[PDB]
Amino acid sequence: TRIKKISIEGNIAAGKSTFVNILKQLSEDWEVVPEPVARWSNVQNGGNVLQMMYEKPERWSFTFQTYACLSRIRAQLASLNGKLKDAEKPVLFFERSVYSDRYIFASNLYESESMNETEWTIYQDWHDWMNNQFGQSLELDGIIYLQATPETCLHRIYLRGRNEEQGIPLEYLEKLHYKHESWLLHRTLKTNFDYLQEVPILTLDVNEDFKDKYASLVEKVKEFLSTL
Amino acid sequence: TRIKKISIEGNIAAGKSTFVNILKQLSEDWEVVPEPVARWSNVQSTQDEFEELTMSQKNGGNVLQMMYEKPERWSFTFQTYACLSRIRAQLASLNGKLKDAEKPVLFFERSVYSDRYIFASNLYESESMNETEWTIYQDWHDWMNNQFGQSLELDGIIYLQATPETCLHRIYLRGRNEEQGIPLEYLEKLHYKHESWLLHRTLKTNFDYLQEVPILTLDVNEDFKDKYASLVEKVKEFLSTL
Ligand SMILES: Nc1ncnc2c1ncn2[C@@H]1O[C@H](COP(=O)(O)OP(=O)(O)O)[C@@H](O)[C@H]1O
Ligand SMILES: Nc1ncnc2c1ncn2[C@@H]1O[C@H](COP(=O)(O)OP(=O)(O)O)[C@@H](O)[C@H]1O
Ligand SMILES: Nc1nc(Cl)nc2c1ncn2[C@H]1C[C@H](O)[C@@H](CO)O1
Ligand SMILES: Nc1nc(Cl)nc2c1ncn2[C@H]1C[C@H](O)[C@@H](CO)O1
């Protein structure tokens, strides 16, 4: 629990995995808990619940959200309990968080009328329980939001070519975009987690290419980190 | 861990609650963990510290009803929750009750093992859950009783045996509306699962300590008054073997 805890956020395809695997190299002392989206595509040759979800989300959304939240808690958990353990000044970068799940993705699918009155309620009961328990270990010490405007992400979704994604509309990506602003930019979304509100947030732009601004961002961290 | 843990298994209406709620009054060292069925016919997560001052906790979905009237669609959504609320309940009673007790005993209306190996797996078996839903579910279930290891390890099982016909009847007595549609073939499918787990012991779970767990089998077919004494006597006996 000496391991500092930072979760990289921002929208679908902003540049998360990219930025963080990049920042990982800055220290023999820093590690990365990526989204286990790997699993989700071939659940164990198992089925693709992420694919499933996108196609008919009125049917599969709840089933995805709980399973998504599950796998995260579970890797985040697995990574606190080894590797780094016993190291100069350990640091752990989370591709997203249980908090992104509920209050960004989940919440949004509820508005979308894809998760109903009951599912939305079961999920939050489910999510709370799980994080009055295990998530009393994954308490965020900082958030590093990476902003990127709807239309960049829409196009980065083609740069990646994840078959289960070229169907995702702009409309979708803007909703997702609103929830990040609210929570993270303005802070105009006080959750039901008392501890969140004072926790530090460092925003970085990622709309321009890794051309002539990127390496610089790294520094916005190296210092930003040990400022506590 | 000084507290012993005893689950009460058996088909809908066999009469677990009724029985065991009577059986808890015998001793002060005995307490019972109800099965949250209430909170399944009325789904409701927790309210905001301030919201709850000016706003009630209103009536919300009855997922039990949903899981029964269109299974194909609602079972994973019922399993996930029926299992959650159960573990939460049993877990709190482990850590909140029976401190000032000599030889304490906690009874469960059903185990988390019966959720997964009877209802869920039966529902999987009559394709109301798809491979995908069934995989997910056992992933989540495996992980959870991994994350607690021994905390909820049962110390013994009381199987209450009734016939499907009896049960169907006892279903009509009790009168929960969402059960008046249940046909006989259902409780049968469910009865055989209980006989496999708890009689013939032929069923392969994922927690080995289960095979070796003592199992008391009680016939609850006959109307209550007759066999009570014998059942009460078979229980206290069984209990002083653990
Ligand atoms: N800064 C950037 N500029 C141009 N392309 C990027 C940038 N960061 C990531 N990409 C590309 O966009 C896609 C998404 O990147 P990724 O890090 O996987 O996003 P996320 O992890 O946030 O979903 C990939 O195809 C990658 O090549
Ligand atoms: N031995 C018995 N003889 C007649 N009725 C019983 C007996 N045991 C339970 N019942 C009744 O049958 C119905 C189902 O019992 P209950 O304890 O609610 O079953 P369970 O909780 O096992 O589903 C209730 O009306 C209950 O009072
Ligand atoms: N809680 C989540 N809810 C949804 Cl609907 N999707 C998620 C979630 N967490 C990660 N992803 C997925 C969506 C993108 O396709 C991919 C980008 O990282 O991750
Ligand atoms: N794990 C469970 N899966 C299903 Cl499909 N149903 C259950 C479960 N546990 C209790 N019930 C229901 C059956 C009765 O209708 C009622 C009384 O237990 O609760």
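For reference, chains are lettered A, B, ... following the sequence lines as listed. By the numbers in the PDB entry, the shown part of chain A spans 19-62, 77-260. The residue numbers of chain B are those assigned by the PDB entry, with the residues present covering 19-260 sequentially. Ligands are counted one by one from 1 in listed order, and the atoms in each one are counted from 1 as well. Values below: every heavy atom of this structure, side chains too, minus hydrogens, waters and symmetry copies.
From the options tirasemtiv, clonixin, cladribine, the one located at ligand 3 is cladribine. The chain in largest contact with cladribine (ligand 3) bears the name, in UniProt, of Deoxycytidine kinase.
Using a 4.0 Å cut-off on heavy atoms, the other chains next to cladribine (ligand 3) are A.
Residue contacts with cladribine (ligand 3): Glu53(A) is placed with a nitrogen or oxygen under 3.5 Å of a nitrogen or oxygen of the ligand (distance criterion only).
In this structure, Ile30(A) has a heavy atom closer than 4.0 Å to cladribine (ligand 3). Of all atoms in cladribine (ligand 3), numbered sequentially from 1 with element shown, those under 4.0 Å from a heavy atom of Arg128(A) are 10 (C), 17 (C), 18 (O), 19 (O). When each atom of cladribine (ligand 3) is checked for a heavy atom of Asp133(A) under 4.0 Å away, the hits are 1 (N), 2 (C). At least one heavy atom of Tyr86(A) sits less than 4.0 Å from an atom of cladribine (ligand 3). For cladribine (ligand 3), no covalent anchor to a chain is modeled. Close contacts of cladribine (ligand 3) with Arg104(A), meaning ligand atoms under 4.0 Å from a residue heavy atom, involve 9 (N). Not a single heavy atom of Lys34(A) sits closer than 4.0 Å to an atom of cladribine (ligand 3). Organism for chain A, as given in the entry: Homo sapiens.
Residues of chain A that UniProt annotates as binding substrate and that have a non-hydrogen atom under 4.0 Å from cladribine (ligand 3): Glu53(A), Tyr86(A), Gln97(A), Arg128(A), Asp133(A), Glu197(A). Within the 4.0 Å heavy-atom criterion, neither part of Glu127(A) lies near cladribine (ligand 3). Taking a 4.0 Å cut-off on heavy atoms, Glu196(A) fails to register as neighbouring cladribine (ligand 3). Closer than 4.0 Å to cladribine (ligand 3) lie these other ligands and ions: ligand 1 (adenosine-5'-diphosphate). If you number the atoms of cladribine (ligand 3) from 1 as listed, the ones under 4.0 Å from a heavy atom of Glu197(A) come out as 14 (C), 15 (O).
Checking only distances, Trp58(A) never comes within under 3.5 Å of cladribine (ligand 3), N or O to N or O. Considering only non-hydrogen atoms, atom 3 (N) of cladribine (ligand 3) lies nearest to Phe137(A) out of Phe137(A), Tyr135(A), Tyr204(A). The 4.0 Å heavy-atom shell around cladribine (ligand 3) contains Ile30(A), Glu53(A), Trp58(A), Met85(A), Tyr86(A), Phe96(A), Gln97(A), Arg104(A), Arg128(A), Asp133(A), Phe137(A), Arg192(A), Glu197(A), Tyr204(A).
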